[PDB]
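Looking at a structure with salicylic acid today.
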Amino acid sequence: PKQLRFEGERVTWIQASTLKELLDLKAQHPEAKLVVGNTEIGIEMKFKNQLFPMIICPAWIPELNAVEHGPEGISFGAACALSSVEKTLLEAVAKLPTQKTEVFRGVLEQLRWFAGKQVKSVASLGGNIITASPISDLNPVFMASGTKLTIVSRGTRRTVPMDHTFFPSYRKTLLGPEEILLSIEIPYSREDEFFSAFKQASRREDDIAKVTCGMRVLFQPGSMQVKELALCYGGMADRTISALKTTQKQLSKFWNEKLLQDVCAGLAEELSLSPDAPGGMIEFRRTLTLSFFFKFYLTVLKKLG
Amino acid sequence: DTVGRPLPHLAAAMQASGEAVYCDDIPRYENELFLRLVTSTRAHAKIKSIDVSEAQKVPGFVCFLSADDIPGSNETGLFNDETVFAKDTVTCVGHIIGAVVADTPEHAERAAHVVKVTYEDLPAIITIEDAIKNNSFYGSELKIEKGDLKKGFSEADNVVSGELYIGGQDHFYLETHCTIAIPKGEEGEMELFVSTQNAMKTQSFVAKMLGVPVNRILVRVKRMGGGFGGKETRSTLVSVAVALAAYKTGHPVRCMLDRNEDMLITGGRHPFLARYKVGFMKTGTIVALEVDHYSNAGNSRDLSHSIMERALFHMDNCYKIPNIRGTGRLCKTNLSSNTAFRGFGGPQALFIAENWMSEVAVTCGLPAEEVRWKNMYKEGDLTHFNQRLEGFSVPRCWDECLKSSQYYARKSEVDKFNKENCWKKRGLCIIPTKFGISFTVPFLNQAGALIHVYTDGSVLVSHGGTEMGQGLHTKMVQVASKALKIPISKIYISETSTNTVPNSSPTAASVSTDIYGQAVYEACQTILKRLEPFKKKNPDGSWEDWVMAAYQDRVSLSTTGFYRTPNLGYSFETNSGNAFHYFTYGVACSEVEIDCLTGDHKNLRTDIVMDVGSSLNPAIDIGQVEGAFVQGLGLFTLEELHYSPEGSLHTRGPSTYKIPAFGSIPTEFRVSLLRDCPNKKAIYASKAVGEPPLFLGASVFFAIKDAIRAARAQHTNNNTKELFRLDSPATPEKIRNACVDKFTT
Amino acid sequence: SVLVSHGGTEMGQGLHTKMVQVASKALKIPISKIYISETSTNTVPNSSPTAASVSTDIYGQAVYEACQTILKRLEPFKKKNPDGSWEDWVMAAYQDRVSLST
Amino acid sequence: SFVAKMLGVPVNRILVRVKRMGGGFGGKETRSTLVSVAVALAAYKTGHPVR
Amino acid sequence: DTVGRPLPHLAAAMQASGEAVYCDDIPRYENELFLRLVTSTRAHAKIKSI
Amino acid sequence: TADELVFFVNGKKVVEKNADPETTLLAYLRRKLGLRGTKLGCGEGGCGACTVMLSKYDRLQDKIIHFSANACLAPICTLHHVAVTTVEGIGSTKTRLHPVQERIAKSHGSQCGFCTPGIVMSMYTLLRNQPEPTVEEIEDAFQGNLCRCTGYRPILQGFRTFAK
Amino acid sequence: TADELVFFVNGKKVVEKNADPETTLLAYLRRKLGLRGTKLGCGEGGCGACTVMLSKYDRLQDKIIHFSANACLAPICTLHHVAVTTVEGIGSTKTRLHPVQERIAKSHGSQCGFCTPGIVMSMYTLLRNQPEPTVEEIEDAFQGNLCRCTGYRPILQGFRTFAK
Ligand SMILES: Cc1cc2nc3c(=O)[nH]c(=O)nc-3n(C[C@H](O)[C@H](O)[C@H](O)COP(=O)(O)OP(=O)(O)OC[C@H]3O[C@@H](n4cnc5c(N)ncnc54)[C@H](O)[C@@H]3O)c2cc1C
Ligand SMILES: Nc1nc2c(c(=O)[nH]1)N[C@H]1C(S)=C(S)[C@@H](COP(=O)(O)O)O[C@H]1N2
Ligand SMILES: Nc1nc2c(c(=O)[nH]1)N[C@H]1C(S)=C(S)[C@@H](COP(=O)(O)O)O[C@H]1N2
Ligand SMILES: O=C(O)c1ccccc1O
Ligand code: MOS
Ligand code: MOS
Ligand code: FES
Ligand code: FES
Ligand code: FES
Ligand code: FES
């Protein structure tokens, strides 16, 4: 498996056969574009009239395609196909204890009413993350669970949990101009830790105004007191955001009728939408944010009991 | 004789193998070039200029086509009120300004993209409201009025009124518009292969822009990967542009639109705005109705007029109304011109009618099926336009549908669920429909055919109708096979062409099987007559024998066929005279289960009973019923078009416009064709089936509304006879926002 | 405009020119309004080979008859409107759903 | 006929179009099928337009 | 009525300009192939092989 | 000095010496290879009219895996050493229809027929990964396939014979 | 490292970067340039159906001379810097016929019309070398032109108007 190079009218393409080659090419050409499934780029070029003369495809590189089962969760190469992630998670869910597969469940929920078999078989996991669409259904679940992103760039190497800081601005992420996402580790669920994911049953705009979310809660052992709370939403801004302000006001709090209304009041204010919000459907989008949590709430009382 | 048998679509095997050839599958000539339409990016402005400096630099560039390149006329459109190419101003976003021709589709797209146009915006009318505020309509108001309003509006116990709106819809035929133009290089001749339901108008339009006699243009239609009405006229937008390029360059040229170009330019279904008022007794009986229809027409007339007429002819659905009055107004706006779409105005009207009806049974605290049945027509009654309803079968369909669907037992089950569930509700509703069959424009109700019997006995049939998936050709082969009394295998239909059957009407208004069927029948007869003398001489001889004998004895084995629909001609003045040849009836029952927290819902079950008379092919007819119904369910609950305030469409693809998917159909989906209900008015007692079933899709819309109501009584106020407005489509947004609770407040 | 088609083929003898001349006379309209594009098996079947010098005789007759059939159909419209042009009568015959193909 | 018979298909499948001839004088009354059938076969066998 | 008048061949103008299309003047498709007949070189024989 | 792009289509080797990075598999199939069985229905991946099956050996699970894909978004440059299977690659009427093509044809699951090739390929792929699937799996095979003519009912009913 | 072949046809420059020595002007005209006005009637030089006019500057008599030639036997490699004129290069019906084309058309000198382009070009050439030729010169212009339809009479009679 040697490196290949293709030259066309306006673009040049390189099939990197090694992670070393990839780190070199990305370093030598920061601006270059990585392509795995092209289910995003192909759209940018065709409909967004975007020209990227430099393109590198890593799909061949071991790593970026490796699947590991660690004592923290399961790790997938960022180039892995969503259908792969789906498969590996369906097995886990079927073999492991329900208490360990919470987050996994949520990810499988987002992958359900998701494109079709054709898209999921070529759309890479890393692809979805970095594209940073405001309406990505996965990032809200990866952030809500502080998923582990092992990032790289020739020489350097670091791992960090996804959060509100990973998505600086619209379409932008916390990745070095020469950095590439190498792998992701979806977290095993801990005792007293429950997860939920929902998403609007419709889409009317290219990449905005479609509520999608990932919610996680961690209670104190043997009690109904909140230790941690994460409510990350999509389709509510030019990026994946978290109701950090609200979930803070609930730590060490008790999961009950009060907290429900307190978190609701917190969302309606913190995630407020102006009358001229890009995407419209203001009345509906506020209601979904509150309504999705309500289900989270109800589902948790069940899991708690 | 295969008539009445479920013979599968003659081309289904080849469509499954990919051997069936569609317009763009035809091989390109070694010198075939490509065209890309240059569209406006403003809704209403002035073309200060057009710069192609950059375009001219793109590899493979050939030329740019403007209104100045046109040798003939730059005036086109069903009512000569359009431009093949915009000249001074653009009246809508997707307005065609020009087109770039290049050696590859890519080069024509990149080049077309870089064509700089300079605009000077002008006041733009975009909504129906915007139009009224500026008195901006096409022509004068239409209206049918029978009896007298006040006298009924007084006699009425209760009187309800309001405003209603139904959104548009994109045809979304899997195969977009497409044309291949071949200049023959002699006497202006041009041969074109196009995906269109209207070969005639395509022929005329190309000749008029070229400024050549119609007898020079040959338009050939093999098949369409769907048309649904969107290819009845708007297809000429591309055709003429490609014909010009063929002429100007002397090269064969082609063009197939991308999905985003298609939805933006070709237009779609007419969005309707309505303002009604109903007068009724507390028995749920209607005695006075009034409705003012308003449609968004676009930047040209097209078929808007006839569409408003079908709407008006349908504002009554299946209910007899003593004193009725309904008007219609086409709104001129800076949006792409809307055109025909399976239903041709009927769906919009039938919807509005069902809306005030649903409100009647409510405000009266009476069962829905009780009311609709009270107001339903009776055999021999007359419509609001005075036509006698003979062979009215709605009652048979209605009673049977209720039976086979176990409507009453299920209605109970539904109510129980609505009591045992707090954030989920179910709805159930059975709705009838009648659809007038025939072009509302008298002269289009004509069809011709041409038949040849070759000396080997094989037969080649040709008729003015086109194939778009409805299985017209399959049916004609079935008809011919019976009439000539020979196996279907010996008969064959290749394509539709203007040099075989001229001045044909567009394949539309669901009458194709009726008219061409008759036209093919007659031609078969003419053949039989000629062969008769040889059948006698040799009775034990085979069909082949008699054909060879008739040829050897110099008897012509080629003939035409023709048919004109008998007794038609309604008048908007005198409000009298048949508008249709008959009507098609159906009744559907649909149950849903909404989710009061998300706005999403499920289509649990659906039972349909259609009256297609004695079906020529029951497999084809059930398929039409199902597919029509699904487009209906789409129109009423899923498909939503959205434009920016500037009149620029945002939903330009499957990602932002959702047509029904595999999992969208009702879990329990049963369709039944009424038995023993022959139609004397049409070929072999069959009945048009193409468009009539589409409205039944509304049965889903109203079940949904049924549930939303149970959700209101739940977490909201306590108004039994309250009436909340729910427009179409009933998207997740509209449903949720209707489910008022401690969250939406 | 008229499009004529017949079982004969053109090889330089000027068969089409003659048929256009015949049709032009029979229909009593200028040659310019009549046109013949080609010969095809899906327009006129089981035709004899263009040969034995009889093409002008037979197809001429065949085109004459078809012209007559057309004239018959248009007759009722020629009467109603005597000062009307050929175009007028044709549009009228179409609008009144009269087949203009034979 | 000849093309259909060599292909073994009903005559109603073959469409023969003649625009004009740069002379025939009788030599194209039958013998022309010598080439026609051969080219029809090639079209069939290869599924490619052939001349 | 032009019957009996010396009307020149309707296509004479186009044949003089080379616009009249003959069979081989029709453009080839991008995938059109070519055939060449293989003929006998004997008047009467047996095809032992090819 | 450019590397050749080598891959397969319907079991026949295809060597592209001047592959252009911007070239989609769909365009290559229709234009260069002249296989118009695969259609363009939207160019953005949501209708499946352009569906095909891709096969590629995996230096891991050993076995050559099979999955469906939207050719309208598949760059040919990502297909080096990948085998492609189009509708014309599994059967025809000039020879023999694959059971999937015969089934959908006889069950009235094809009307205008433009969406058929893709649905046939989605199903073909499923059966390739699972000889006898569940009605649920069969239905999920068409998440990314749209049909505007049938109403879907007939299609699903015809493929039910492959379940259990 | 091959020299480009450069020449002209109907006043338009034609650059052939890979000229093939075996390529005849006739084939090049019909196939590469798509100018089917010039016909193939025998391939051996005796019928003239493939006649065209060649023009080439002569480093001697100064003036650019004009002569007719059989394109079926003219190798394109011998045409570097030579200008070619085909029938479509002197007039048409989409614009205006050259007097020669209008004359032969109206004089009934064209029947099946296959030999016409070449005869038109032979005449065009004559008039180019001699505006007002003798009936003898006119007749000699067609030594290498054959027509099977007319009997020749009409053609000669129509070009008589150019003599004296
Ligand atoms: C019809 C359709 C329906 C869809 N539905 C959904 C949905 O419901 N919810 C949802 O969330 N998404 C959805 N998507 C989006 C899809 O999930 C993303 O388009 C896809 O996963 C992007 O991955 P890819 O491999 O195709 O990437 P590519 O097109 O290659 O695009 C990837 C982008 O990420 C960068 N990138 C790629 N790999 C790496 C790496 N290893 N390291 C660093 N940067 C990298 C690229 O440079 C580029 O900017 C849909 C797409 C289609 C076509
Ligand atoms: N499969 C398929 N069915 C279809 C259509 C289509 O495009 N595809 N067009 C519809 C519309 S809009 C009309 S008017 C009638 C068309 O013709 P018919 O007259 O033969 O029944 O078919 C209906 N059924
Ligand atoms: N110019 C020209 N004239 C021609 C021919 C021809 O090929 N070219 N064929 C001849 C022969 S052999 C016959 S049988 C008749 C053809 O037809 P006609 O029947 O129309 O007169 O034309 C004669 N005249
Ligand atoms: O009445 C119709 O349904 C109709 C449909 C298409 C065109 C003209 C028409 O009158
Ligand atoms: O929309 Mo159907 O009258 S073509
Ligand atoms: O030789 Mo003329 O009978 S064709
Ligand atoms: S064309 Fe629609 S998904 Fe490929
Ligand atoms: S048969 Fe037309 S879209 Fe499926
Ligand atoms: S072809 Fe006869 S001389 Fe050239
Ligand atoms: S006109 Fe036929 S050879 Fe001259």
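In what follows, chains are A, B, ... by sequence order, proteins preceding strands, each numbered from 1. In what follows, every heavy atom counts, from backbone to side chain, and hydrogens, waters and symmetry copies are set aside. Be aware that this covers only part of the deposited structure, with contacts counted strictly within it. Both counts, for ligands and for their atoms, begin at 1 and track the order of listing.
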Ligands or chains of salicylic acid: ligand 4
Of all chains near salicylic acid (ligand 4), which one has the greatest contact count, and what is it called in UniProt? Xanthine dehydrogenase/oxidase
Chains under 4.0 Å from salicylic acid (ligand 4) (heavy-atom): B
Proximity of B/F439 to salicylic acid (ligand 4) by residue part, where a heavy atom lies under 4.0 Å: both
Quick check, please: with a 4.0 Å heavy-atom cut-off, which UniProt substrate-binding residues in chain B are near salicylic acid (ligand 4)? B/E232, B/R310, B/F344, B/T440
Counting only nitrogen or oxygen atoms and a 3.5 angstrom limit, does B/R310 reach salicylic acid (ligand 4)? yes
May I ask you to identify the nearest protein heavy atom to atom 4 (C) of salicylic acid (ligand 4), giving residue, atom name and distance to one decimal place in Å? B/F344 CE2, 3.4 Å
Enumerate the neighbouring ligands and ions of salicylic acid (ligand 4) below 4.0 Å. ligand 5 (dioxothiomolybdenum(VI) ion)
Counting each atom of salicylic acid (ligand 4) from 1 as listed, which ones have a heavy atom of B/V441 under 4.0 Å away? 10 (O)
Taking UniProt's active-site residues in chain B, which lies closest to salicylic acid (ligand 4) and at what least non-hydrogen distance (to 1 Å)? B/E691, 5 Å
Structural part of B/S438 in contact with salicylic acid (ligand 4), heavy atom criterion under 4.0 angstrom: backbone
Under 3.5 Å, N or O to N or O, is B/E232 touching salicylic acid (ligand 4) that way? no
Okay, next thing: UniProt's Mo-molybdopterin-binding residues in chain B - which of them have a heavy atom under 4.0 Å from salicylic acid (ligand 4)? B/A509
Give the residue and atom name of whichever protein heavy atom lies nearest to atom 10 (O) of salicylic acid (ligand 4), and the separation in Å to one decimal. B/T440 OG1, 2.8 Å
Site of salicylic acid (ligand 4): non-hydrogen cut-off 4.0 Å: B/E232, B/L303, B/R310, B/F344, B/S438, B/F439, B/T440, B/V441, B/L444, B/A509
Any protein N or O within less than 3.5 Å of an N or O in salicylic acid (ligand 4)? List each pair with its distance, or say none.
from, atom 1, to, atom 2, distance (Å)
salicylic acid (ligand 4), 1 (O), B/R310, NE, 3.3
salicylic acid (ligand 4), 1 (O), B/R310, NH2, 3.0
salicylic acid (ligand 4), 1 (O), B/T440, N, 2.9
salicylic acid (ligand 4), 1 (O), B/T440, OG1, 3.1
salicylic acid (ligand 4), 3 (O), B/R310, NE, 2.7
salicylic acid (ligand 4), 3 (O), B/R310, NH2, 3.0
salicylic acid (ligand 4), 10 (O), B/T440, N, 3.0
salicylic acid (ligand 4), 10 (O), B/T440, OG1, 2.8

